[PDB]
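Notes follow the structure.
Numbers in chain A come straight from the PDB entry, and the residues shown are 34-166, in order. Whatever order the structure lists ligands and atoms in, that order sets their numbers, starting from 1.
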Amino acid sequence: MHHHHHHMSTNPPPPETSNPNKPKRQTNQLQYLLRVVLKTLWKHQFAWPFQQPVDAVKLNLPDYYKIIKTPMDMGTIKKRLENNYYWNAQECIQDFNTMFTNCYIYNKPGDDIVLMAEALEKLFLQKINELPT
Ligand SMILES: COc1cc2c(c(OC)c1OC)-c1ccc(OC)c(=O)cc1[C@@H](NC(C)=O)CC2
Ligand code: NA
């Protein structure tokens, strides 16, 4: 009997950050999203949980990828912006929104991680209010 000791929880492959066949553009709005929005958030004291995919093995979180089927993180967004993966700013904004929403879904309103996400989301909304027209 193995008693399933080998069936450990693993991480899914991370989201795609490069695809030569996807339509992409560099727009002024996307350049602002990299240079101002992403760079500002990256340096925030609460950014660290969001700078890479959730590692279910390190964090002992066998349920995470059962609940969250569209994961997103800022490391992925950074690589997408640097690799010019996006066609327009709304595609990138959607990724930020997914990242925040995932955190609110998985956790509960009083939790420290949710206060961290809310602080980042506040700063995100401040910065995209000045998105170039
Ligand atoms: C045992 O230590 C940690 C364990 C976890 C997390 C975490 O980062 C704050 C830890 O600190 C290193 C954690 C990480 C990221 C999350 O989303 C980005 C999340 O939704 C949720 C979490 C954690 N949830 C809570 C309520 O903080 C659970 C897993
Ligand atoms: Na929740």
*What's the drug at ligand 1 called?*
colchicine
_Binding partner of colchicine (ligand 1) (most contacts, the PDB entry)_ = Bromodomain-containing protein 4
_Organism, chain A, PDB record_ = Homo sapiens
*Identify which of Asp144, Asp106, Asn93, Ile146 has a heavy atom lying nearest to atom 15 (C) of colchicine (ligand 1).*
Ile146
*asked:* Could you identify the single nearest non-hydrogen protein atom to atom 10 (C) of colchicine (ligand 1) and state the distance to 0.1 Å?
replied: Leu92 CD2, 4.0 Å
_Protein heavy atom at shortest distance from atom 11 (O) of colchicine (ligand 1)_ = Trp81 CH2, 4.1 Å
*Any idea which atoms of colchicine (ligand 1) are less than 4.0 Å away from a heavy-atom of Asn140?*
19 (C), 20 (O), 21 (C), 24 (N), 25 (C), 26 (C)
*Write down the UniProt domain of chain A that holds the majority of residues in contact with colchicine (ligand 1).*
Bromo 1
*Contact between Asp145 and colchicine (ligand 1), counting heavy atoms under 4.0 Å?*
no
*Binding site of colchicine (ligand 1): which residues fall under 4.0 Å, heavy atoms only?*
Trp81, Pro82, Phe83, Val87, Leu92, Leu94, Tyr139, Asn140, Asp144, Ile146
